[PDB]
Novice: 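Provided herewith is a single structure, encoded as structure tokens, for subsequent inquiry.
The residues of the chain are indexed from 1 along the displayed sequence. Looks like X-ray crystallography, 2.0 Å, at least that's what the header says. Read the numbers this way: they start at 1 and go in the same order the structure lists the ligands and their atoms.
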Amino acid sequence: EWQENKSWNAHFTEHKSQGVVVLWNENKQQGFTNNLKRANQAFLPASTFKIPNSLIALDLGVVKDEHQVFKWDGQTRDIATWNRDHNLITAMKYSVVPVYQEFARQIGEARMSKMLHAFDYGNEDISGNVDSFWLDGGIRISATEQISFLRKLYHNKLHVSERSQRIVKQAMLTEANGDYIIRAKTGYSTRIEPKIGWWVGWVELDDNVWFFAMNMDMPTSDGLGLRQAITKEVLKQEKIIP
Ligand SMILES: *C(=O)[C@H]([C@@H](C)O)[C@H]1CC(SCCNC=N)=C(C(=O)O)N1
């Protein structure tokens, strides 16, 4: 069952933006969103693709473990945190595109395409350059499709090893306190219109898990913090987090 709650639109309208939040109550097997149409519209995954990409790289041995160091190639890029060595944890934390571009090149088109089909991931379409198709190629995924994929990951039901899934879930760790744990991944798609921000993941509670996937129009990088801020406002409203 799916329930549309247009009152959440206020959280976007209050910030002069437009977007969708999708929530899934795992215990009750019920979904909620402010906009059923946009919840099923497919966008470039951008850096949210680092979840499947990490899973594939680990399962194929491209990445040995979460400690393996991926040395900076010495080319200065405009994101300072990218101009440094990384492991899987920090590369995910700082959305380090060039590290993941190298993963994708080593994975190769054929294994990447097969694995995305095995994951049932979005439109499963890698057309474009193997090292950038999630930024400007043919792959597309909706917020509801993000939740389906994340639910499989949470339950270790993706067609990769349990180890690979545990490591990626560790790398997704974003926030943790005495009340909840958030494992999630941000995304920012700019190369094809409309420019959007993503935040996808889930909130672990003592007795339930709430999956979430949001995207929102992002004409400038100034609004990027709204991805988390809007999502948390919905979570607060629904009494999922304090
Ligand atoms: C992921 O979606 C992007 C993309 C560049 O891979 C990274 C970058 C950022 S913020 C910097 C945006 N400008 C890049 N030239 C994020 C993010 O989600 O904050 N992810």
Novice: What would the PDB label the drug at ligand 1?
Specialist: imipenem (open form)
Novice: Hey, which chain has the most contacts with imipenem (open form) here? Just the name UniProt gives it.
Specialist: Beta-lactamase OXA-48
Novice: What covalent connection, given as residue and atom, links imipenem (open form) to a chain here?
Specialist: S47 OG
Novice: Who's the nearest protein heavy-atom neighbour of atom 12 (C) of imipenem (open form), and how far?
Specialist: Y188 CD2, 3.2 Å
Novice: Provide the number and element of each atom of imipenem (open form) under 4.0 Å from a heavy atom of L135.
Specialist: 6 (O)
Novice: Help me out: what species does this PDB entry assign to chain A?
Specialist: Klebsiella pneumoniae
Novice: For atom 8 (C) of imipenem (open form), what is the nearest protein heavy atom, given as residue, atom name and distance?
Specialist: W82 CZ2, 4.2 Å
Novice: Which residues of chain A does UniProt mark as beta-lactam-binding that also come under 4.0 Å from imipenem (open form) by heavy-atom distance?
Specialist: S47, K50, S95, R227
Novice: For imipenem (open form), which atoms, with element, lie under 4.0 Å from some heavy atom of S95?
Specialist: 7 (C), 20 (N)
Novice: Using non-hydrogen atoms of the residue, decide whether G187 is closer than 4.0 angstrom to imipenem (open form).
Specialist: yes
Novice: Taking heavy atoms and a distance under 4.0 Å, where does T190 meet imipenem (open form): side chain, backbone, both or neither?
Specialist: neither
Novice: Find all atoms of imipenem (open form) within a distance of less than 4.0 Å from any non-hydrogen atom belonging to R227, and give their numbers and elements.
Specialist: 17 (C), 18 (O), 19 (O)
Novice: By number and element, which atoms of imipenem (open form) are closer than 4.0 Å to a non-hydrogen atom of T186?
Specialist: 17 (C), 18 (O)
Novice: What protein heavy atom lies closest to atom 2 (O) of imipenem (open form)? Include the residue and the distance to one decimal.
Specialist: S47 OG, 2.2 Å
Novice: Looking at atom 11 (C) of imipenem (open form), what's its closest protein heavy atom, distance included?
Specialist: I79 CD1, 3.7 Å
Novice: Show me which atoms of imipenem (open form) lie under 4.0 Å from any heavy atom of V97.
Specialist: 4 (C), 5 (C), 6 (O)
Novice: What are the neighbouring residues of imipenem (open form) within 4.0 Å, counting only heavy atoms?
Specialist: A46, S47, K50, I79, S95, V97, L135, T186, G187, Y188, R227
